[PDB]
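Worksheet: one structure, shown below.
Each chain gets a letter, A, B and so on, in the order the sequences are listed, and its residues count up from 1. When a ligand or atom number is given, it counts from 1 through the structure's own listing order. Cropped entry; intra-crop contacts only.
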Amino acid sequence: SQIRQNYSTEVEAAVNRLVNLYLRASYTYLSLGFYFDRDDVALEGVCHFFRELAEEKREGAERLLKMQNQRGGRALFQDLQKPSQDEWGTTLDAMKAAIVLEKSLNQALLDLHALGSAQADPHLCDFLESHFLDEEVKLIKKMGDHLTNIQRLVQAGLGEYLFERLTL
Amino acid sequence: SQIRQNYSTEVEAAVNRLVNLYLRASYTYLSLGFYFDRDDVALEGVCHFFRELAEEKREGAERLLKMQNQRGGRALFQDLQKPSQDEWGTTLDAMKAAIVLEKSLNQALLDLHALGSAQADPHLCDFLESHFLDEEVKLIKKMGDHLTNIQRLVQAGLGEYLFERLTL
Amino acid sequence: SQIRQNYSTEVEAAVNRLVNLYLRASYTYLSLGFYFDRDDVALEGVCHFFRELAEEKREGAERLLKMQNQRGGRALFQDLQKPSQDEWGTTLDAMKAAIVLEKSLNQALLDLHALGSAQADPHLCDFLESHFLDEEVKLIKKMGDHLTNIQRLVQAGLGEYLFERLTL
Amino acid sequence: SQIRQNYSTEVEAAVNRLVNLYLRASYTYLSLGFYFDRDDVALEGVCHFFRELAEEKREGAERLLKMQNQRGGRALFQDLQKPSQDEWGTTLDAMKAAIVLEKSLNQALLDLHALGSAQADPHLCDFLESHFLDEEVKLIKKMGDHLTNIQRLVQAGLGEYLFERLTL
Amino acid sequence: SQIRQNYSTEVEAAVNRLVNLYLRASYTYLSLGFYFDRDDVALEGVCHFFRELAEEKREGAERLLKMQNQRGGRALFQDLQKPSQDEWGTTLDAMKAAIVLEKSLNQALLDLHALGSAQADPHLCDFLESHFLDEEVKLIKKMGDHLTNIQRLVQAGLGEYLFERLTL
Ligand SMILES: FC(F)O[C@@H](Cl)C(F)(F)F
Ligand SMILES: FC(F)O[C@@H](Cl)C(F)(F)F
């Protein structure tokens, strides 16, 4: 590429992976959201929480794709694997699954930053710090807070309703 | 009738039945609503939910009557039977009764649409699709959602209060 | 499902397929859009055209998922295959690919409608007619119009720039 | 200096160089802009593009000078060499020259960041990341996009007019 | 001091103590607030209640310091001891600790007023009555009210969530 400068093939490849990870995460949150919209689950606030996260992850992928092009790298898309479950259990089960997923994304970001540091790619490092690293930390904190409140509330049926009504 | 075109006597008759069904449903919801206004039941949100549905069903009947005249059919009214119960039990009992009633109306709509299809009456089919079929599906979904939440909440007294307060 | 009425397993399954088709189409348009954002392609209007279509297809999938739940069917997600190309050639090549894709979606909608008709499922038929069938026809017409204008313009470089500048 | 803390003489010196580089770049863009204002060149949009870049580079130098003082370093100004050409040829020639110049500035920024990293000077690293690194990447991307469009348009006279009219 | 009139060394010294008491109380409420911000405690309303009290106590200290100077006394600051606990247990445990702390401050105010009365220092007495005595009484009443409601609510997990959601 005529514009490419200080952008390693290793980072370019890792950015394409991370795009796949973010799209997979978006797809997982789509499945989570619609599960809580089932007539036999029916927790609207939980559905909305996860549908909003699907949008956020999709937007993350799009930001990574924009940055890939800005640096002169080439987007390469792969098959998106379906989410790990078809049914997600209770709000607690779902929130546990979500925090596992976010920590997996956070670790991928951290690995990419480490790669960027090893390749002396300060633009990549700043890009990650500006748009992803703090967003992941804040989100993981919020999920941790939710998990604690859900757990405190488990008369499990009543607790799950009250959390959806009064927190989400 | 000078305006009547492609409107079978079978459909005309079935439209008069459906009007009776919708009026009966309106009357049932009137009884449900006022039961929840009793001083010894006293669930205002439940009362309002059912009184609003009484209005909606009445409006459905009126739309069917307007369409009957637009097509050149003749309204024929019959006795309206009283609702199936005088007392409706808990919110859960009442919501179960309501979903049974809505499914009965939905089936009558579907039968009428099938009749219209067999009689090649596209105006009837569109009329049903525009004003009734989707409205029934959405309402039945909402009642299903409510039933699930009520069931999750059954410390039955506390649950019933919380549902009325925080959902209805 | 407590709400399920007149909703065949065949339609439920076909709705899940169609969701996969719409998500695949969204992913294809994401790849198309970002290809035209490459520094060595650099056609902003083409990029925006396809990114908007990615959003529209995603929204279609979401509407199908909402309807699935409203009817008491169960969402089942599958792997999403990657788009058919990594690089999309010229605006003309891309628009040809897009119209092929839209016709494939349109045919899937038509097949689903035929299935609904055979299963006497008027709610499905109306749902498709209200939110998808006319939208597909209008979009395919617009792409046809674009294809004709692109073709007329092929001094191919100059033509492609002018189309992006003055139409897109 | 009474305020100086963790600010190496190597960085201070490199900041003075970079100021000279940014001022030289501002001067180059001044020459580019006024060349396109010649009555025998007469491409107003190209002139404006380069005059705006002259302002941006001057502002970059001023930000570096402000930071130098904030850290307790001492500005040292050197002769500013005249631009590499007196006449800049076509829009394409000029845009090629501009991207070469921007890549040279970007490399100087990257070298300075590497120096800051080796000297453990996190304030310098953040300063560069906040105000320069992303700005260079975005600008180089935009020039790459322009180069591609100019090249596609080369009936060279007609192409150059159309680019100036419809992009710049 | 040129302005000092009717201001005993005993009162001046006791005012410096009280400043230390108010600052210690501010520090205690800072620790309480951030404990309830822990991901494994996660009671936002409780955190906010205590952070607001930290601000109020700090402001009390500042008012005492302003009055000290107005009277011609001399501020003398001492080490601020860390709060009595690192972890504060439940909302109930924390509210009990808070009311103990407020009663300790109230007693210090009362002692200071008694000192002022014995020293015939009416300005001090009015100062205390205007800005502190009623504020302490109102706050202690509110905490008592909260303690009663928390106690009534102890299904301890559910109670603690509901108090935070619906009172704080
Ligand atoms: F197909 C993609 F563009 O969107 C993905 Cl994330 C999907 F999950 F919504 F399917
Ligand atoms: F003389 C400088 F202040 O401005 C430089 Cl940058 C010039 F290029 F405009 F001359």
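Of the chains in this structure, the chief binding partner of ligand 1 is, as the PDB entry puts it, Ferritin light chain.
Looking at ligand 1, one finds the drug isoflurane. In contact with isoflurane (ligand 1) at heavy-atom distances under 4.0 Å, by letter: A, C. With a non-hydrogen cut-off of 4.0 Å, the residues around isoflurane (ligand 1) amount to A/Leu23, A/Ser26, A/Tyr27, C/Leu23, C/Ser26, C/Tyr27, C/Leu80. With ligand atoms numbered from 1 in the order given, isoflurane (ligand 1) contributes 6 (Cl) to contacts under 4.0 Å with heavy atoms of A/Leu23. Considering only non-hydrogen protein atoms, atom 3 (F) of isoflurane (ligand 1) sits nearest to C/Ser26 OG, 3.5 Å.
Looking at chain C, most residues touching isoflurane (ligand 1) fall inside the UniProt domain Ferritin-like diiron.
Interface of C/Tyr27 with isoflurane (ligand 1), defined as ligand atoms under 4.0 Å from a residue heavy atom, comprises 1 (F), 3 (F).
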